[PDB]
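Snapshot of kanamycin at Aminoglycoside 3'-phosphotransferase AphA1-IAB.
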Amino acid sequence: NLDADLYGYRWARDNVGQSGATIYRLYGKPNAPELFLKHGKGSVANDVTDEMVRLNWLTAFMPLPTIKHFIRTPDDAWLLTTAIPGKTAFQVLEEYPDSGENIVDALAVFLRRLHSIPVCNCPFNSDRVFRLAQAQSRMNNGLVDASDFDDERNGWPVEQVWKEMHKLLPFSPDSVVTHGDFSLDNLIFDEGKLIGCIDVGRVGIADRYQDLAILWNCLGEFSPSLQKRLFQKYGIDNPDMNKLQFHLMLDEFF
Ligand SMILES: NC[C@H]1O[C@H](O[C@H]2[C@H](O)[C@@H](O[C@H]3O[C@H](CO)[C@@H](O)[C@H](N)[C@H]3O)[C@H](N)C[C@@H]2N)[C@H](O)[C@@H](O)[C@@H]1O
Ligand SMILES: CC(C)(C)n1nc(-c2cccc3ccccc23)c2c(N)ncnc21
Ligand code: NA
């Protein structure tokens, strides 16, 4: 029973997280760990279901939350997981601004690990043909947040982002297992160490720049040096600006 797993907890609601799911924090239970409960209704039920199976798969290879219980009915999905203790990379960077180089070094190592998983292990497709079709549909359904674009595209109609993006194509993918939202909010640090990642709903085979682009974008809030250091430590000396720009533009749609 979900009820059995939830008994005796205090409940909070967190406005946070990748999809439009409702996120609950369960805490304050004596002799019991903190948990998270994601609830997806309607279309969002699919997003939560997507995360569940990706968590179930990727846990063999990388440190992620542990699934405690999952339920799917036609219109609803409930995903109960353990909490990874600690703070986000973003939080720790703000708290220890002097540790930026160490934080990025750890992020590169972690990303290198993820990208070293042989793609023959991965039953999920997250390639650009798949994501572009997802983006087209989100745009057409009116779901794109046009207020949240990067500075380069501030005030751009979503249609212009779409058109301009297609001028970069095509390129041959350098396919690896990707996280899909490798941002500073989704990597968790605890006592100095990067100990896990969260929000794995977009995990699948894709170009390595899917992850590199999003993290590089985040680091741009802090330091051009930290952005360059990410590529350097990851093992890339000449960043592919076309692939970088493509993936930044694609993320505008999500
Ligand atoms: N709609 C839901 C999505 O919203 C955010 O994604 C958006 C980014 O945040 C935006 O970028 C802004 O925030 C960055 C730090 O995250 C800054 O570096 C950057 N300069 C900022 O423009 C980017 N333009 C679009 C991207 N879809 C969440 O991260 C993602 O999990 C969630 O699913
Ligand atoms: C459920 C979801 C994917 C959104 N998630 N979220 C976190 C998380 C981590 C660190 C600080 C937070 C602060 C406020 C809300 C959530 C968190 C988190 C976590 N640690 N462990 C597992 N899932 C987490
Ligand atoms: Na809209």
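All chain A residue numbers match the PDB entry; in order, they span 18-271. All ligand and atom numbering here is 1-based and tracks the order in the structure. Method reported for this entry: X-ray crystallography, 1.9 Å.
The full list of places where kanamycin can be found here is ligand 1. Measured on heavy atoms with a 4.0 Å cut-off, the binding site of kanamycin (ligand 1) is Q35, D165, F166, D167, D198, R219, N234, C235, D268, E269, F271. When hydrogens are left out, the protein atom nearest atom 2 (C) of kanamycin (ligand 1) is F271 O, 3.1 Å; that is the closest non-hydrogen contact. The protein non-hydrogen atom at the shortest distance from atom 32 (C) of kanamycin (ligand 1) is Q35 O, 3.7 Å. Looking only at heavy atoms of the protein, atom 25 (C) of kanamycin (ligand 1) is closest to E269 OE1, 3.3 Å. Of all protein heavy atoms, the one lying nearest to atom 11 (O) of kanamycin (ligand 1) is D167 OD1, 3.6 Å. Of all the atoms in kanamycin (ligand 1), the ones that sit under 4.0 Å from a non-hydrogen atom of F166 are 22 (O), 24 (N).
If you check which protein heavy atom lies closest to atom 28 (C) of kanamycin (ligand 1), you get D198 OD2, 4.6 Å. In terms of protein heavy atoms, atom 16 (O) of kanamycin (ligand 1) is closest to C235 SG, 3.8 Å. For the pair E238 and kanamycin (ligand 1), the shortest N or O to N or O distance does not fall below 3.5 Å.
Considering backbone and side-chain atoms alike, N203 places every N or O at 3.5 Å or more from each N or O of kanamycin (ligand 1). Of the N or O atoms in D268, one or more lie within a sub-3.5 Å distance of an N or O in kanamycin (ligand 1). Residue, atom and distance of the protein heavy atom nearest to atom 13 (O) of kanamycin (ligand 1) are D165 OD1, 4.9 Å. For atom 18 (O) of kanamycin (ligand 1), the nearest protein heavy atom (residue, atom name, distance) is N234 O, 3.3 Å.
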Can you list every pair where an N/O of kanamycin (ligand 1) is under 3.5 Å from an N/O on the protein?
from: kanamycin (ligand 1); atom 1: 1 (N); to: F271; atom 2: O; distance (Å): 3.2
from: kanamycin (ligand 1); atom 1: 18 (O); to: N234; atom 2: O; distance (Å): 3.3
from: kanamycin (ligand 1); atom 1: 22 (O); to: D167; atom 2: OD1; distance (Å): 3.1
from: kanamycin (ligand 1); atom 1: 24 (N); to: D165; atom 2: O; distance (Å): 2.8
from: kanamycin (ligand 1); atom 1: 24 (N); to: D167; atom 2: N; distance (Å): 3.4
from: kanamycin (ligand 1); atom 1: 24 (N); to: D167; atom 2: OD1; distance (Å): 2.9
from: kanamycin (ligand 1); atom 1: 24 (N); to: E269; atom 2: OE1; distance (Å): 2.7
from: kanamycin (ligand 1); atom 1: 27 (N); to: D268; atom 2: O; distance (Å): 2.7
from: kanamycin (ligand 1); atom 1: 31 (O); to: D198; atom 2: OD2; distance (Å): 2.5
from: kanamycin (ligand 1); atom 1: 33 (O); to: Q35; atom 2: O; distance (Å): 2.8
from: kanamycin (ligand 1); atom 1: 33 (O); to: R219; atom 2: NH1; distance (Å): 3.4

